[PDB]
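Notes on a structure featuring dexketoprofen.
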Amino acid sequence: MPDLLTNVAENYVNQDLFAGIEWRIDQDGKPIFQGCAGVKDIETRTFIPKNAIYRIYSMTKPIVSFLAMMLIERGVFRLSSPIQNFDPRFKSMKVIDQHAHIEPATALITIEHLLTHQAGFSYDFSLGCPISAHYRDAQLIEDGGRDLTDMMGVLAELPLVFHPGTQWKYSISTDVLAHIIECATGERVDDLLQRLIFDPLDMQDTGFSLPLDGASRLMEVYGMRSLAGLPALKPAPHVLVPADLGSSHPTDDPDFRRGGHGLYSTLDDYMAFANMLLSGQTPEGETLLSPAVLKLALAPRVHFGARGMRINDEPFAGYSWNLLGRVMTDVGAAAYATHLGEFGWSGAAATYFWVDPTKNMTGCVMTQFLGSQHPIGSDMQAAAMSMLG
Amino acid sequence: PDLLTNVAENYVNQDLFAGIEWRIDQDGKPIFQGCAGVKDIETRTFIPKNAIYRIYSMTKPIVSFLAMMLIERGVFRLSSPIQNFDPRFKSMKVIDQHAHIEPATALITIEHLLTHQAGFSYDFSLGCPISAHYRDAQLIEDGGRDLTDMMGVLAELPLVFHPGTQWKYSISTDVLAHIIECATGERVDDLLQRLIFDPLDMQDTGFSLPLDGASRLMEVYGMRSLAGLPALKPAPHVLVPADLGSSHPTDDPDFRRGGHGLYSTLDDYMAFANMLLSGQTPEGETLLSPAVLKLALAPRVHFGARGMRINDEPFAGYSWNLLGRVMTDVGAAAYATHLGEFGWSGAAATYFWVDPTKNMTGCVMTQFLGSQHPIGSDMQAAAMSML
Ligand SMILES: C[C@H](C(=O)O)c1cccc(C(=O)c2ccccc2)c1
Ligand SMILES: C[C@H](C(=O)O)c1cccc(C(=O)c2ccccc2)c1
């Protein structure tokens, strides 16, 4: 019953493992626990500003996935839609394996494959993956200044690493999804996110560029995990040194937009999104997604074998995959406190959130550390679970 | 006793075959030979001198041998993708018995064609997922269509498995004949004439009848029909003349195929069979080197418990080499043979064998489509027993 959340965060700051941390836990749509620890940057020790801004990386994916579900509801496409219907550059895909064998794909990539990371795409930083070296040579993630549409043209020429539908591998497929959304609608994904999600939820600080007053609110990002170079064979030491993002994550590029990363947000903005996922509605009662399609989106859809869900061989114990991210399907296999049906996702800079329908609960932890050797997100979830009976 | 004569005469006396010729050679010279019956039961004309037979799939070892000669001469190789010579065979699809279609994951090669592992089917393959589409396209029925044009129609149809992954007796020897034409810029009938028939003095073998051939052509009997669907049970074995429609013209100067269509004689086919003991003409001219003949005869496709089957009929103890069947287990065989015996047969019940352990060749010529009696194997067994 003590405040384990503050204890976790203060200990991380006091041990020089994270510069600054913010968190909020809501229940029934209202804050029940919240706090902050540390500073905006350790170089000057400026205090965490009001409505501090974070690079949320793959916490972009549940947002872009939710947009796709809205467009499915509105009839733009369906889960079974072949993506080549919208961009013929994804016609005639090939599949490569670890033995240098290449053959034509025997199934078409669908919207559902993109949402479930079963399309056969890879990721630039996937260690040991048969094709990731070719992704890195193409600078798919590193070259943030390249237009989404043009990056997709380069990706489309590369082989998949399995036949669509047959395996699971966490991937660039959410970026493909953002692009296919643009093809299917004739609109830009950032404009669609603004009009259909951010504005109805009053997420005024969320987007692919900083707000006008955003520079002074941007949290510094730390860590040794590097985008420029080969995936490491052992984790870099966990040290608070400012991270060099190269040109991968611009702050003021009006055309920068992605599906798998790239949003800036705030704790308050992301909690508005997370709370919405408990119902599909805005706080006033506008429906962003009907209950039936929200249930379709949250139902466990990819189930895993004995070794479970893994990303670069890191486990997500007891989790299955739904159309928006992870979902807890076996508390008896879980590695940290949770409840059946808890869902959410996380980002490369150690941001983390969850939604727990059994407790009408949402939680989010914001920090900026790339390559963390400490699972701060899960530690904060566990603390909150222990505090909510 | 003359077991060969007893088998043949019994077949004639029981009204099962109209006329039968046979010859067995050892060391290039006849040791057994005979005939029984007539050219046609309607007029009871005797089997003529140098009687002519439609040899159907005994065309395949000849066209396969030609392909081996062209391999030896560097025209192509076993691993050559056929799409290099005819791009209509680029981007093949594969269909299955559950209506699923997907792109082929391997290219069809020359070796696939020679081994019936390319994924092609045959018009009369009962139960085969794609054979209905072959029949709708009249691939075998339409004998007047030029080989090149028939191949264009075939190339648009899906395979029934991915190239290299299974065995199914098929139209692939016709594809091989066509790819030979593409690779050489010559016609397959002209190549066969120059490279095989003329050196072996096979003056009566070809895709059309000789000028004096009409009176020598044996009548063909049987109820197995090319027209309709493959039958669910065999038609009665009765001596009624067969209607070939337009599938097997006698005087079309452009008719040529890889899997069927040759006319030949007993003497001509024995010249070919005897050559396969050495790769040489009787005079000693080399048609195929010993090394490539060995490559062609070595067992290349091995079969599971069900063994080699064509429309579910077994070839017990046989494996497949680049020219046809080859005996690989005498203890599995269903009739007398020796290890390494090889050869093939045709739809009108013609049959031949080469037995290297005995320096022996044999051929039985008759004309019956849809036979319910294995006359070829009965005659091989009789000949083996007379040694
Ligand atoms: C999967 C990972 C995440 O969001 O978890 C992700 C997605 C997209 C981009 C990036 C990066 O920019 C990056 C930065 C430093 C090192 C490696 C990658 C990381
Ligand atoms: C497979 C079979 C054979 O040579 O064994 C074959 C190959 C080619 C053509 C034909 C036919 O014309 C035919 C004639 C009557 C009935 C069915 C097919 C038969």
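The chains are labelled alphabetically, A first, in the order the sequence lines are listed. Sequence positions for chain A are given in the PDB entry numbering; the residues included correspond to 1-389, in order. Numbering of chain B is taken from the PDB entry, so the residues present carry the numbers 2-388, in order. This depiction is restricted to one part of the PDB entry, and every contact reported falls within that part. All values below were derived from every heavy atom in this structure, side-chain atoms included, with hydrogens, water molecules and symmetry-related copies excluded. Both ligands and their constituent atoms are indexed starting at 1 by order of listing.
The macromolecule with the greatest number of heavy-atom pairs within 4.5 Å of dexketoprofen (ligand 2) is, in the PDB entry, named Est-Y29. Other chains in heavy-atom range of dexketoprofen (ligand 2) (under 4.0 Å): B. Around dexketoprofen (ligand 2), within 4.0 Å by heavy-atom distance, are found B/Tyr57, B/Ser58, B/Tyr123, B/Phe125, B/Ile141, B/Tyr170, B/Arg225, B/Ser226, B/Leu227, B/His261, B/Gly347, B/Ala348, B/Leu370. Remark: dexketoprofen (ligand 2) and B/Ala348 share an N or O pair separated by less than 3.5 Å (distance only, no angle test).
Shortest contact from atom 12 (O) of dexketoprofen (ligand 2) to any protein heavy atom: B/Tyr57 CE2, 3.3 Å. The protein heavy atom nearest to atom 17 (C) of dexketoprofen (ligand 2) is B/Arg225 NE, 3.5 Å. Close approach to B/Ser226 involves these atoms of dexketoprofen (ligand 2), each under 4.0 Å from a residue heavy atom: 16 (C). For B/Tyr123, no nitrogen or oxygen atom sits less than 3.5 Å from a nitrogen or oxygen atom of dexketoprofen (ligand 2), counting backbone and side chain alike. Among protein heavy atoms, the minimum distance from atom 4 (O) of dexketoprofen (ligand 2) is reached at B/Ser58 OG, 2.6 Å. Summary of contacts: the protein heavy atom closest to atom 6 (C) of dexketoprofen (ligand 2) is B/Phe125 CZ, 3.5 Å.
Nearest non-hydrogen protein atom to atom 14 (C) of dexketoprofen (ligand 2) is B/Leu227 CG, 3.8 Å.
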